[PDB]
Each structure stands twice: as structure tokens, then as C-alpha cells.
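The next PDB entry has nordihydroguaiaretic acid among its components.
Chain identifiers are assigned alphabetically (A, B, ...) following the order of the sequence lines, protein sequences preceding nucleic acid strands; residue numbering begins at 1 within each chain. If you're wondering, the header gives X-ray crystallography, 1.5 Å. Counting convention: from 1, in listed order, for ligands and their atoms alike.
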Amino acid sequence: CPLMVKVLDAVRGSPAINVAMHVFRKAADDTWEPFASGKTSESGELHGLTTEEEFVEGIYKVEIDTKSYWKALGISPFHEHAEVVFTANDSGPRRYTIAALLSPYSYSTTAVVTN
Amino acid sequence: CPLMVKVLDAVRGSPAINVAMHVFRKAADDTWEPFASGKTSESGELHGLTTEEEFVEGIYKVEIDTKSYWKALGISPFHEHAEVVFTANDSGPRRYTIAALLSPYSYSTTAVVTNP
Amino acid sequence: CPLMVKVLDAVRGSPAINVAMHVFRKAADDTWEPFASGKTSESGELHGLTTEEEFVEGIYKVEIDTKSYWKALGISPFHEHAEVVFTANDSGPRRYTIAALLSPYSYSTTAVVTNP
Amino acid sequence: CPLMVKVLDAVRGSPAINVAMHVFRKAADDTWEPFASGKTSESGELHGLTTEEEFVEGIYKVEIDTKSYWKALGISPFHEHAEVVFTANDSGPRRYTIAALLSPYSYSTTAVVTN
Ligand SMILES: C[C@@H](Cc1ccc(O)c(O)c1)[C@@H](C)Cc1ccc(O)c(O)c1
Ligand SMILES: C[C@@H](Cc1ccc(O)c(O)c1)[C@@H](C)Cc1ccc(O)c(O)c1
């Protein structure tokens, strides 16, 4: 698993479940080509987005639909979505965990990049 | 102003100075149109991006060039930029402060929204 | 001032108003001695805690009463308080802004340290 | 495992390894009684701090020695430590994960409280 996303809810102290997101790769014409998507599990995680062979160097965007999440909970949110844009694999294949911590008017995101 | 951005550096315990950012507004055809741009001051703040009359209802994107910031300090960071996308003024005019706290592999962003 | 605290609320997108906090300083015998206290203003800020002459070198603790804040909004939060412990003025006088962003199950805190 | 602590490094994008911490419970005389401690693993996690029977309702403090961590890396840090003080089990036994994300002049902490 070269890429995993984990989403937590700072209001409820829980994984953020059923959060949709899309992953894009930056094309040669500077546009965003969709390539993977999913929604978070009961543990707030999304696995199996890509494979080692497919996940080549490039610029990637993860667009997390935080607005629909807060809407489902009846809370008015600030952001349309949370976006995480990064260059991958600049020194060869790494495992990437992108974590996002969500509040109605704030989000934080961190990357844990390991072997 | 109706829109201000404040950026702090969590590694050095300081404002994040001379950070470039571009603001965009979503057009009727769903494209991002340039709206304003600027760089943070010595206090890590960027003021004067817009006016109450120009800052109409809509979806706005602030793209903060965090990568250039870190690269200039010798650091290769994780993110290309920090992106803040929000609907503004949907229930009448508001004042918006977007705050961002930066680390090489993490950032946090919050908004303070006040009624004029 | 040499010491200011700013508190924001991540649930409401606002300053965190009327938040109580107590500042302590470590004594020679390793106990925490009361140093100053106050509550945040409508802008979520607490100023005037100390002076440059009183704010000598030492280890300081700011205990922010985040639980009472959330309870007054109807929320049962995770933390009892947010605690910020730091050595101050070790290399001569500095100005310290302690910032905290609050959510019911999370908080973040950063410092801005500037040379007078 | 009723209580787990996970520590991440926001400068390096990695688990924060070998970070020491102590856990205290608030005594009847308003003082902090030590009861558990450890250091984080290669995954930045500390498990096995307590058991279901021992981890009764009360006020708990986790004192994370972030200053020694940054010192080992040659980076001057702001905080003496990061402290997490919470009331446990107020509605019966829950599993608690305390996460802390560290930078030299900042830390964030979140709780994920599940079944
Ligand atoms: C639980 C942490 C995420 C995480 C969980 C399991 C993992 O294997 C992992 O690598 C990261 C999360 C809370 C860390 C974190 C703390 C604070 C933050 O602001 C943030 O963006 C992320
Ligand atoms: C709002 C920032 C502080 C601030 C200083 C001066 C201002 O006029 C202001 O509006 C905000 C910032 C420190 C808030 C913040 C954002 C994100 C965080 O993670 C955090 O801990 C704190």
C-alpha cells in the first residue's frame, strides 16, 4: 500500500467515517487527471488507492469532501473541501500516509512518509 | 479589510515572512479566475487583497506558496502549497481572517469569520 | 507586552472569548508559584499579564481552562485544560505570543517569539 | 489496550521514535501519582501502558518529553514538554488513542475515543 489516507473528527473524537475523496495526478497540460477515489472506512482510513507500479513520480492532489461530512452531521462548515497537493517519490518509492484532522472551521494535514 | 491572511512558522516560532499567495474566485463557467495576490509582511500578514464592494458572494480559493517558503530556508517540504477553498458572503458581508500554521510535513489552517 | 495569549475556536470560527487562564512560574524549590491570571477579551486575546522587569528568566506554565469554555457552550470536551510549559528569556528578554486553537477533542498550540 | 499514545514529527514527516513519556493519575490530595511510562516504538506508538481493570475513572495526565526529542535532533525547542490532561471513562470503559503531532515551536494533540 503506497498511499493511505486517514481522516479524524476533532469535534467528536472519532474516525471520520464515509468521507469521500478523489485523488488526481497533474497532467502535462497542467490539468488534474482523476485516477483514484474512495470513502473512508469505519476506522477513518482509505487503503488500496494505487499500486507501487502505478504510483510513479509526479504531483498528486487528494481532494477530501469535508463539506458533505459536516453537512451529514448538521454542522455548517467553512471549507468547500480539504486539499492535499504533494510531489511523490522524488527519491524513489516511499509509503505515504496522509492524515487529516477535521473541525468545522479548521483542518490540519500531515504526511508520514516511511519505508 | 474583508479578507486577511496570517501565516506562522512552527519550526522557527515566527511569522512566515514574504510568503506568496494567489486568490481565485470561481466563475459562472466553473473555472478559477484570478482575484488578488500578494506576499506576507514582516508580521506574516497580508492585508488589502480586496474591498467590501468587490468581495461579492462566491467560492474563493487561496493558494499559499508554502513550498517556495521552505525551499528558501533550505528545506524540502511535503506539500506543493496550502489551499483554502471556501464560500464567502453567502449570508451577507463578513470579514474573513484565514490563518495558517506551517511545518515542513504538515500544515493547519483555520478561519475567523466576523460579522462587520 | 512581553507575554500575550490568543485563543481561537475551531468549531465556531471565532475568537474564544472569556477563556480563563492561570500562569505559573517554577520556584527554586521546584514548585509552581502563581504568576498571573486573566480571561480572554472579545478578540480572544489576553494582554497585560506581566512586565519586562517582572518577567525574568525561568520556566513558566500557562494553564488554559478549555473545559469550562466548552461546557458553557453545551459541549463535554476531552481535555481538562490546555497546558503550555516553556523556558522564557534564557538568552535575554523576548516577547512571547502563545496561540491556541481549540476543538472539543483536540487542541493545537504554537509560540511566536520575537526579539524586542 | 485501553490507552495508546502515538507521536508524529511534523519536521521530518515520520513517527517520533524513542520519545519518553510518563502517565499520572490525579490523587485525592490533588497531586499527580505516577503510574505508567514508556518510550515510543519505531512506529511512534506506545502500547501496554495499562489494563482495563486498572484504568478506572479519574483524571489522567500524559507528560511527553518533547524537549529531549528535539535536543537529540539538534533543534532548539520551545516547550519543556507536551502535556495531555483528561478525564477518563466518564461513561464507562472506552479505548483511548492520544495522538500528538510535534514541531519545534508547536504541538497539536487529539483524542480518538472508540469502542
Ligand atoms: C492519529 C494520527 C494519524 C495517524 C493514525 C495512524 C497512523 O498509522 C498514522 O500514520 C497516522 C493523527 C491524529 C495525527 C495528527 C495529529 C494532529 C494533527 O493536526 C494531524 O493533522 C494529524
Ligand atoms: C490566528 C493565528 C494567530 C493570530 C495572530 C494575530 C492575529 O491578528 C490573528 O488574527 C491570529 C494562528 C496562531 C492561529 C492558529 C492557527 C492554527 C493552529 O494550529 C494554531 O495552533 C493557531
Exercise. For nordihydroguaiaretic acid (ligand 1) in this structure, which bound macromolecule has the most atom pairs within 4.5 Å, going by UniProt?
Worked result: Transthyretin
For this session: Find all other chains that place a heavy atom under 4.0 Å from nordihydroguaiaretic acid (ligand 1).
Result: A, D
Exercise. What protein heavy atom is closest to atom 20 (C) of nordihydroguaiaretic acid (ligand 1), reported as residue, atom name and distance in Å?
Worked result: A/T110 OG1, 3.4 Å
Exercise. What organism is listed under source for chain A in the PDB header?
Worked result: Homo sapiens
Exercise. For nordihydroguaiaretic acid (ligand 1), which atoms, with element, lie under 4.0 Å from some heavy atom of A/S108?
Worked result: 19 (O), 21 (O)
For this session: Examine the proximity of nordihydroguaiaretic acid (ligand 1) to A/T109 and report which part, side chain or backbone, both or neither, has a heavy atom under 4.0 Å away.
Result: backbone
Problem set entry | Heavy-atom contacts under 4.0 Å between nordihydroguaiaretic acid (ligand 1) and UniProt L-thyroxine-binding residues of chain A | A/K6, A/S108
Exercise. Which part of D/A99 is near nordihydroguaiaretic acid (ligand 1), with near meaning a heavy atom under 4.0 Å away: side chain, backbone, both or neither?
Worked result: side chain
Problem set entry | Nearest protein heavy atom with distance in Å, relative to atom 1 (C) of nordihydroguaiaretic acid (ligand 1) | A/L8 CD1, 3.5 Å
Exercise. Can you list, by chain and number, the residues with heavy atoms within 4.0 Å of nordihydroguaiaretic acid (ligand 1)?
Worked result: A/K6, A/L8, A/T97, A/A99, A/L101, A/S108, A/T109, A/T110, D/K6, D/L8, D/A99, D/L101
